[PDB]
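Entry below: contains dactinomycin.
Letters A, B, ... mirror the listed sequences (proteins, then strands); counts begin at 1. Residues with modifications are recorded as their parent amino acid or as X, and additional atoms are not taken into account for contacts. So this one's X-ray crystallography, 2.6 Å, going by the header. Values reported hereafter were calculated over all heavy atoms of this structure, with side chains retained and with hydrogens, waters and symmetry mates removed.
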2 protein chains.
Amino acid sequence: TXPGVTXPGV
Amino acid sequence: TXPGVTXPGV
DNA sequence: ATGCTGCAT
DNA sequence: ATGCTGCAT
């Protein structure tokens with residue numbers, strides 16, 4: 001995710 | 001992937 | 001160290 | 001049934 005907690009996605 | 005064999009990703 | 005996701009062939 | 005992506009905090 002994010003980053004943090006990529007995207008989603010990428 | 002693709003689809004097929006989405007993306008990656010999505 | 002954590003933390004989601006999407007279908008054509 | 002079978003493919004895989006990506007970093008700030």
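The full list of places where dactinomycin can be found here is chains A and B. The PDB entry names chain B actinomycin D.
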